[PDB]
J.: 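Lab note: structure loaded, ligand of interest is actinomycin D.
In the text below, chain A, chain B and the rest are named by the order of the sequence lines, each starting its count at 1. Only heavy atoms go into these numbers, but all of them, side chains included; no hydrogens, no water, no symmetry mates. Every modified residue collapses to its parent amino acid or to X, and its extra atoms do not feature in contacts. Be aware that this covers only part of the deposited structure, with contacts counted strictly within it.
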Amino acid sequence: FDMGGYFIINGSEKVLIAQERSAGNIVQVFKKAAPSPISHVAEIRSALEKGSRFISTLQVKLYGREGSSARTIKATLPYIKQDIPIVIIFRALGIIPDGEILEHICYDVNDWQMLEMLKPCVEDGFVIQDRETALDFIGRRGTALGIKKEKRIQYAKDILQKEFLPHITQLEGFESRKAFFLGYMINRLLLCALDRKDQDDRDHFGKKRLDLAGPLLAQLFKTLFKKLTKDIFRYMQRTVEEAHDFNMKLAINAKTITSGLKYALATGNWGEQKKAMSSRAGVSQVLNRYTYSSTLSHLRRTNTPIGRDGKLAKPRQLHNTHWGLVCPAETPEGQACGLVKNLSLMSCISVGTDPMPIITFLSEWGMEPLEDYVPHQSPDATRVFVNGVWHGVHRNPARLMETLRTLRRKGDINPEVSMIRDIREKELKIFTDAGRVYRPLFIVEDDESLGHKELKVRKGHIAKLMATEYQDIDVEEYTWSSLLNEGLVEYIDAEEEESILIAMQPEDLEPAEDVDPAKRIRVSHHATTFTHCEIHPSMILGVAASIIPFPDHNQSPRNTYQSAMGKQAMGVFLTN
Amino acid sequence: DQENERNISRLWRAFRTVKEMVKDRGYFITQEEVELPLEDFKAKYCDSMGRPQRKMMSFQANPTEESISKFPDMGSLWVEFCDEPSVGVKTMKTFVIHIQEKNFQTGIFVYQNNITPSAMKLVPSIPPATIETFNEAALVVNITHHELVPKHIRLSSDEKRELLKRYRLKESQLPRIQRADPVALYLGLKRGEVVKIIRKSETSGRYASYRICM
Amino acid sequence: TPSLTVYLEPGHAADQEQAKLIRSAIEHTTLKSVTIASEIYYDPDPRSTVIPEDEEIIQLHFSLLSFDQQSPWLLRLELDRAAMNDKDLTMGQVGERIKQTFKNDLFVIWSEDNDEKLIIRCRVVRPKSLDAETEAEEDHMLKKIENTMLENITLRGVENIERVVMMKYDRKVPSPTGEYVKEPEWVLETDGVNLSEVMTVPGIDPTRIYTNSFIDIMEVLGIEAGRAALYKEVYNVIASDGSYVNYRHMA
Amino acid sequence: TXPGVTXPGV
Amino acid sequence: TXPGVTXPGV
Amino acid sequence: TXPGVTXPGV
Amino acid sequence: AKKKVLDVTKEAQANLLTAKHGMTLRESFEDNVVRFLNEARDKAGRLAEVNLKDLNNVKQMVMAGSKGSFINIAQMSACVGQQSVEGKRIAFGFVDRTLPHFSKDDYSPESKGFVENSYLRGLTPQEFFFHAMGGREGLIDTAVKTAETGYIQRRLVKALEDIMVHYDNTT
Amino acid sequence: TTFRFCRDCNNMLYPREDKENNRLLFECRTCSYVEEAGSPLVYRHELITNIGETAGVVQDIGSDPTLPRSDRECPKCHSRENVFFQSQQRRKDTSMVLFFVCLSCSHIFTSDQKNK
DNA sequence: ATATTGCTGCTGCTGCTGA
RNA sequence: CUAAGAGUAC
DNA sequence: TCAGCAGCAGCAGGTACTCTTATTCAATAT
Ligand SMILES: [Zn+2]
Ligand SMILES: [Zn+2]
């Protein structure tokens, strides 16, 4: 009955709590308070997975209040002491004419409101009219201030090549892509400033990622393996300065990796021992073995590292996007209420896949490359994103989404990959990275034979599943992966869940619609355009809440109390 | 002339509050002058053109017999209204020399908008003459008639001494009232002077507190 | 939530229209809440305009309407009929307010209220001293004038008055025969506190005015009145949930 | 302030 | 001042 | 002056 | 009551609704809807309370004042009511909708958190989730209030610790 | 406002006062390009914006399953089926008036009564 | 081989000619 | 000793 | 006798009570 999933460090069973964090490579726009001189800030926490994995925050801020007359947009580049005007950045990237810059930022000629709001930027940046002059300006504003005049250009180029939007590319010759993304960021900022879209919700669970054991151990090992390789160099240089024979056994030091991993798993302090008091604590905890359900709930626990003494209540509240992903009533009741969460029964976390095959698929299926994209000649084009990197535009997104869905439902694309089509915003976002939380659902198709919407799964598939289960307790095994590979069930995360319509139960909602007065009142929703169906509503509950009998006849704090108090119940935690 | 009508009405209210202040300070002002009607004021202190005049609006007051018996060291008082929105140095100098040559221990100056700091510095004149400056806008409504404001009565030196004797108090052990409090300015409190505050309590009918000016 | 309470004069407490008059008198309204839009046009001569829409407006006003020193640039303001309806404002009033707030430096004309569009045309009168750089920034100068004409000027009401609402309360007035009868009155609740300026507004009862902000009460009325207001606020907090605390503790 | 409720300042 | 309590000035 | 420490004047 | 809310919604969507002096159209609409739903729950609870006989045990406990209230009888027998977070109806956590099981721009009572079922009849999954959101709000509010009250109480006691009535009756 | 750009260097043009002919002009700030003025409007500021409420309508707006359907009269096709949505202007003081797009003609008609 | 050392809360000044 | 974590009653 | 403007940067956090777990390295010289 033991399920595993934990480490044994010095004879103690240690479990790694999932760590919640904000998603990377996503443009988020936030309104600022009245006292601050900046009104709106558009930021991206750019990060690259196959490189230095360093966090470099780009913030495109909009100075001036609503009543102010001088509304200038300024970007905050890393390793720069001052917020450079955006038009100077465009000119430094290699876009001199103002017409081209305003084309990059704004995609609609008839949108004269945005041009009116954006004219102060070009008025401010008129003083610079040359790419080399713009690089000189950035170097002059460069915080190093330890470079001679004609060598400032090299430092500015290095900043714009390796520090500005690293998640796009670190190589040279890709200035247009970065300029396009900067224009997109400024476009989002102005759309928020123009009272056309709301500020991004920080609590949206589709904008969060859970680091499981994998990524945590991955970044811990990188620091430890960096220290070992650096120590080989100091020895190699010392043993080469002394002109002695070099032996590989003497160079390596296994104690480094061994002690680092053992210390990081034995204590919550997640990093190097000397870097304690600055490292996150409580990542690794002693596994609870009071009761079997206590062990299960501990192995499915997620923590959000917000203070715990902070007096803000919004992170703790149960958000709408938590539906089906975390237990609605299974939180601790002290200072960690809402900050510590528990996964639902059927919610999973992606492990991440390589995005290159999907990029090849998109290029094959007719994605126009971003390098030669002219918005004026293609006004009604849909932007295609992969893992937050804008790769190009498509002119027939409907057929593209149809073929991507067909590919994912036959197993060609990994089922963990999440594809979202925002029709109103005209965007296509594909995510393959790790950390996304998803759940399975039934797929509903047209079913022209019956002339009305119906679930794809039928009694034949249920019979095959029952037969396979009975044999387990010979035919081709009909497992869960059989349903997944045959396009009967689907994996949906909180991002894709924004763009679907779900039926709560198949019987009362799929078919077109004297009643028992004892039965609860239900509605038919008076609408038939469903795309998916819930496998069962009771799967929104977690491990601890799934023990409660008739939880829907109870007041919710009582259910929370029982979910917290069943882990203290006394029983048989293991048979051995 | 709606602006002129509102200006003259505000000036009439300010005049009423000034007379009420002078009467409450303990000088001989008859009750009729306080309750002067609008038509009589417009006939007397306003010309035919409709513009009110301030130069003839100034007046003088003297202590009454009871205040003389209780405060034997205070004499006549002068109240002046100015015309120009900003009172210049020359006008303030004329006012202070007139106060000095007329032997007034206290003189209230009333201004329209503001006093230049070059005159604010010379506002403190040769003692014992004290110059108190008030704004007409601050004197449109008599704050002491608000129900939240209880009754303030200035105490004589002998009364303060008896109060400190009976309660065995030091000077600093009394509750404090700032020498910028609106009622303190209204009554012209100087530092060290104690005001008795009569209040309508709800546990007992009447409660008497005391506040020393600071 | 800084709020203020105004009680009407006893002789006109139940007069609903007098309450409406006082509410309009104290409520703050600026052009930002009235002007639908603002534009800058070019007119070669300040007698006939090149816009056919206000060409009817000029054949009213220019017909009704020194002009050699007026800028060719013109600032046009479109107002809202509904804003002029729910708020007791008219075209003459706003024109007078603009003319007062910008002195003679701005030649202002306003469409009559019976016109289909409420339009105000403002030109910057050219001072007899000729300028070579102000002409280039006459666009900028007019924009600056427009900016200080949107949010920096006021039509009516005293400052810091976000919004006024009227309520019908019922107090206990001693009847002439002896009993305490339930007499209704009209009371003004106000968002924002400007006690010093509201208290002096004619038509209200200056004695009975009250404010949640006991700091303003203390700095206007005195330390004793501030103490009374502080006690009242503490008592409201204590009795909000129905609890009762003896007087002496809060005192 | 404080902390909490540095200084001010510092 | 300072900062805190630039300069003055700058 | 300046600004800071317009002009004078303007 | 649901029909009355639907009529008010129809009037609001046709722009025939006039805004109350001092608030926007949307605020007036939300105020009217919440008032109607609250009075609906109160009326249903009053009917349920009137029905209960004198031998009813919950009725007996309420009559004695030992435990329970009218609202408990109403929620257990008649209708749980309107679920609110931060003093407002359930917000659109998703884009323009509370849950992915409702269409966009749905302002109906069931869409924004009205629980028309009692605890005896049981709650549908959407009503269950909305009730969970409300209960979470209550728990967070309690946890914040206890700490705030403790801090305030300490500060007050430290301020006034030295005040004493003396033998001349002064404080 | 219809801001226009130079055709020589593709740079922005600013409005300018002309002395000789007393007319509005448009001038380049770096290459001195000069041309006439199409309209006298040079600056527009909307305190109450009317457009943008129907923004986001696309030729396949009916493919969005989340959008609600209705059977209201279409005064260009007289068809029943259509998709409806509230105003897209996210200002908190906007009205709750609905907009309807017919899935067979793509004509946008509102539920307003004062407008109709 | 064994021991020493590398969310919340504020605070304050400098300067005229011109017109 | 220090640090960290899980809590119990408010 | 009066009209116009600016600069910055810093952490902890209600009252009691119970329990468990882990605790900084490597090199040089006597
Ligand atoms: Zn050019
Ligand atoms: Zn149609």
J.: Map actinomycin D onto the structure by ligand number or chain letter.
T.: chains D, E and F
J.: What's the chief chain around actinomycin D (chain E) in this model, going by the PDB entry?
T.: NTS(non-template strand)
J.: If a contact means heavy atoms under 4.5 Å apart, which other chains contact actinomycin D (chain E)?
T.: I, K
J.: Please give the name under which the deposit lists DNA chain K.
T.: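 The PDB gives the name TS(template strand).
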